[PDB]
Amino acid sequence: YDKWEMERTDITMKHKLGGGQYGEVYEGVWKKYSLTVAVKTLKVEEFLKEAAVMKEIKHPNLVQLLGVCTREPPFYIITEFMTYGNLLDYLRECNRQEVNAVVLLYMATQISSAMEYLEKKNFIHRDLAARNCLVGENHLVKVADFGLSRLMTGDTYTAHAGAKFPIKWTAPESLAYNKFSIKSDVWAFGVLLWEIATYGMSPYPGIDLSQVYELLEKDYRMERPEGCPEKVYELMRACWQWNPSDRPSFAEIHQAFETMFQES
Ligand SMILES: Cc1ccc(NC(=O)c2ccc(CN3CCN(C)CC3)cc2)cc1Nc1nccc(-c2cccnc2)n1
Ligand SMILES: O=C(NC1=NN(c2ccc(Cl)c(Cl)c2)C[C@@H]1CCO)c1ccncc1
């Protein structure tokens, strides 16, 4: 039992978070600080592996581990709770006059900061998308990884290479050779930017999954969405270079957004 172990009685367990939306994740209260928290429970090797990774990740724009309970079952991983929930539903439901261009820029800047941190620490996300991001008060955004490929119903994830892939977020070299890297996260970030610019539309709208790889290999890319600043679309296209080594680093992306943000 290490530094992160907390006593189970420190947490008040309430209902499943979203009533089952996230699997075995519960809304809780960290009583001594009057804070709402999220609590993932084991309904083992992989569970503890996730906790070990999260002990190494500390950044304002990444979901923050608060503690674990590992002395008796059920095991808990406890994180902060984010008031406004996941970014995809937030974008689809928000007041667009409040969530204007400078706010969307601010959210993209924060996500790129989180990814620059993972890049610096030699982590790979592998499933970056608006559905894996969270929104808090004052337009805070945090990147998370909810393990959605096993949870979500619908066509977001579909069978490929013997697993479940979010095809329309997946870099070509990942689709073709199952090669994942920080550069395939850069590709997914470009799709995430498009989700932000459209307030959460599904990407390649109207295009069947069966066509996506062929179109990408033949240099098709989503056109600039309505109202998207040209400089932001320029960054999108750079994220979608066919060769992973031609894509910018997250350090470069964040620098670009930071410059854009302070000039606004
Ligand atoms: C309760 C919990 C337990 C674990 C996690 N873990 C992560 O979010 C995560 C993030 C990044 C990594 C990094 N990792 C690097 C390696 N690659 C391959 C995978 C990613 C791992 C786990 C989150 C949570 N939090 C969580 N889970 C589900 C829903 C919510 C939630 C929902 C609504 C409002 N507020 C919070 N909050
Ligand atoms: O104008 C539309 N979207 C928009 N994207 N912009 C933007 C700005 C910064 C980033 Cl970083 C990204 Cl990604 C995108 C701004 C603009 C909205 C603000 O005016 C829009 C029109 C019609 N339907 C849906 C959306």
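All residue numbers given for chain A refer to the PDB entry; the residues shown span 251-293, 299-519 in order. Whatever order the structure lists ligands and atoms in, that order sets their numbers, starting from 1. Structure method, as recorded: X-ray crystallography, 1.9 Å.
The name recorded for the drug at ligand 1 is imatinib. In this complex, the main macromolecule engaging imatinib, as named in UniProt, is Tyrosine-protein kinase ABL1. Under the 4.0 angstrom criterion for non-hydrogen atoms, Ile312 is in contact with imatinib. Here the shortest heavy-atom distance to atom 36 (C) of imatinib, taken over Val323, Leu389, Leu317, belongs to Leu389.
Judged by heavy-atom distance, the UniProt ATP-binding residues in chain A that approach imatinib within 4.0 Å amount to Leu267, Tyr272, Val275, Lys290, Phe336, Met337. Contacts under 4.0 Å between imatinib and other ligands or ions: none. Atom 34 (C) of imatinib has its nearest heavy-atom neighbour, among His380, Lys304, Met337, in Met337.
Nearest-residue assignment for atom 15 (C) of imatinib (options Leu403, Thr286, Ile379, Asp400; heavy-atom criterion): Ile379. Lab note: most residues of chain A in contact with imatinib fall in UniProt domain Protein kinase.
Residue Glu335 places no N or O, backbone or side chain, under 3.5 Å from any N or O of imatinib.
Checking only distances, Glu305 does come within under 3.5 Å of imatinib, N or O to N or O. For imatinib, the atoms closer than 4.0 angstrom to any heavy atom of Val318 are 7 (C), 8 (O), 10 (C). The shortest N or O to N or O distance between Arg381 and imatinib is not below 3.5 Å.
The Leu267 neighbourhood of imatinib comprises atoms 31 (C), 32 (C), 33 (C), with distances under 4.0 Å to a heavy atom of that residue. Remark: among candidates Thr291, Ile332, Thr334, the nearest residue to atom 23 (C) of imatinib is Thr334, based on non-hydrogen atoms. The PDB records the biological source of chain A as Homo sapiens.
Ranking protein heavy atoms by distance to atom 26 (C) of imatinib, first place goes to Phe401 CE2, 3.7 Å.
Those atoms of imatinib with a heavy atom of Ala288 less than 4.0 angstrom away are 1 (C), 26 (C), 37 (N). Of all atoms in imatinib, listed by their number and element, those nearer than 4.0 Å to a heavy atom of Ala399 are 8 (O), 10 (C).
Closest UniProt active-site residue, chain A versus imatinib, heavy-atom distance to 1 Å: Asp382, 6 Å. Looking at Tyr272 against imatinib, only its side chain comes within 4.0 Å, counting heavy atoms. By the 3.5 Å distance cut-off applied to N or O atoms, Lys290 is not counted among the residues near imatinib. The binding site of imatinib, defined by non-hydrogen atoms within 4.0 Å, is formed by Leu267, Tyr272, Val275, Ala288, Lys290, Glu305, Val308, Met309, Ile312, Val318, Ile332, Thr334, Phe336, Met337, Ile379, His380, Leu389, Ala399, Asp400, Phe401.
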